[PDB]
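Encoded as structure tokens, the structure appears first; notes follow it.
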Amino acid sequence: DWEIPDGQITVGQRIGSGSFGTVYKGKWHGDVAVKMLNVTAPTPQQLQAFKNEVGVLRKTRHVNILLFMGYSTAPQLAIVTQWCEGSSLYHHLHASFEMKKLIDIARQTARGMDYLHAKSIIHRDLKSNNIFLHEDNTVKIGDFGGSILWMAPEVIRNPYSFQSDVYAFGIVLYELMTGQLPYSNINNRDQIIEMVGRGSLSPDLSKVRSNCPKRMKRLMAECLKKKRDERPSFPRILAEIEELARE
Ligand SMILES: CCCS(=O)(=O)Nc1ccc(F)c(C(=O)c2c[nH]c3ncc(-c4ccc(Cl)cc4)cc23)c1F
């Protein structure tokens with residue numbers, strides 16, 4: 001069992017919030033990250049609901065997948081993981097790399113994503129802010145345990161699939177290769193939701209830089225396919241990036 005008894009974790013600085021819960025930095029045999037679930041008091045039925053989600057995190061052992069370390073039931077429900085120094089991929093790309101590094105970041109993410117799907121785990125919300133650059137070198141994918149820019153057309157209108165995860169990866173590719181989010185010119189949610197859902201809108205690939213491996217863009221566009229079944233699986237995506245990487 002991976003339950004961490006009450007009192008063992010010293011919760012510190014509040015880092016940020018989300019629909020799910022609040023993230024703090026903590027102390028448990030060194031630095032940890034504690035996600036306080038937005039649940040004052042847990043019902044026995046909520047308790048099982050929690051265990052089921054932990055049982056899914058329980059089967060993630062990979063260097064590119066955020067390290068799940070433990071879970072709390074008291075005081076309140078919480079997920080304990082490793083502490084990632086630096087910032088999210090979002091903060092680097094948009095808030096504050098060499099083309100080689102960009103590929104590496106893109107490469108590690110595929111490793112993590114392929115591992116997850118091999119474990120038959122659909123992230124369901126892959127985006128640059130759920131990708132943490134620990135030490136600014138290693139990629140840590142979390143929050144698989146709002147943002148519509150990474151949502152596949154079939155998701156907007158078995159909606160959630162490995163293939164919709166692939167699309168979210170394509171957008172991530174777009175972030176890396178352009179250094180900016182899709183539909184930046186169009187700052188209207190309902191507009192993007194309406195236009196991408198019907199197939200009239202797609203990321204502008206004229207933004208990618210010349211110094212972008214044009215083996216990538218083919219792959220990017222392959223993952224950004226409007227049609228679900230026209231997308232390559234992650235094994236393919238991994239092999240591809242790995243093969244176009246050797247250079
Ligand atoms: C392992 C899978 C468990 S999950 O429930 O699916 N995901 C899951 C579960 C618990 C979490 F605490 C977190 C999480 O958020 C973080 C874990 N370590 C971190 N280190 C730094 C930052 C950070 C620091 C500073 C800025 Cl500015 C931004 C982020 C954020 C986190 C998480 F993503």
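All residue numbers refer to positions in the sequence shown, counting from 1. Indexing begins at 1, ligand by ligand and atom by atom, following the structure's order. The header says X-ray crystallography, 2.5 Å. Any value given below was found using the heavy atoms of this structure, including those in side chains, with hydrogens, waters and symmetry copies removed.
Looking only at contacts, the largest set of contacts to ligand 1 comes from what the PDB entry names AKAP9-BRAF fusion protein. As PDB records put it, the drug at ligand 1 is vemurafenib. Binding site of vemurafenib, heavy atoms within 4.0 Å: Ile15, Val23, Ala33, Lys35, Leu57, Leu66, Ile79, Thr81, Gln82, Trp83, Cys84, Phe132, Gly142, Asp143, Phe144, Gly145. At under 3.5 Å, not a single nitrogen or oxygen of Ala33, backbone or side chain, sits near a nitrogen or oxygen of vemurafenib. The shortest N or O to N or O distance between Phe144 and vemurafenib is below 3.5 Å.
Geometrically, vemurafenib and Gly86 share no nitrogen or oxygen pair separated by less than 3.5 Å.
By the 3.5 Å distance cut-off applied to N or O atoms, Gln82 is counted among the residues near vemurafenib. Closest protein heavy atom to atom 13 (C) of vemurafenib: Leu66 CD2, 3.9 Å. Nearest protein neighbour of atom 5 (O) of vemurafenib, counting heavy atoms only, is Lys35 NZ, 3.8 Å.
Residue contacts with vemurafenib: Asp143 is placed with a nitrogen or oxygen under 3.5 Å of a nitrogen or oxygen of the ligand (distance criterion only).
The ligand atoms of vemurafenib that sit less than 4.0 angstrom from a heavy atom of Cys84 are 19 (C), 20 (N), 21 (C). The presence of a protein heavy atom under 4.0 Å from atom 18 (N) of vemurafenib is confirmed. Scanning the protein heavy atoms around atom 30 (C) of vemurafenib, the nearest turns out to be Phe132 CE2, 3.9 Å. For vemurafenib, the atoms closer than 4.0 angstrom to any heavy atom of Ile15 are 24 (C), 25 (C). Shown in contact with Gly145 at under 4.0 Å from a heavy atom are these atoms of vemurafenib, numbered in order with element: 4 (S), 6 (O). Near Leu57, the atoms of vemurafenib lying under 4.0 angstrom from a non-hydrogen atom of the residue are 2 (C), 3 (C), 6 (O). When only non-hydrogen protein atoms are considered, atom 15 (O) of vemurafenib lies nearest to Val23 CG2, 3.6 Å.
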Vemurafenib N/O to protein N/O, distances under 3.5 Å:
unit_1      : atom_1 : unit_2 : atom_2 : d
vemurafenib : 6 (O)  : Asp143 : N      : 3.0
vemurafenib : 6 (O)  : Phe144 : N      : 3.0
vemurafenib : 6 (O)  : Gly145 : N      : 2.6
vemurafenib : 7 (N)  : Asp143 : N      : 2.7
vemurafenib : 18 (N) : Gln82  : O      : 2.9
vemurafenib : 20 (N) : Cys84  : N      : 3.0

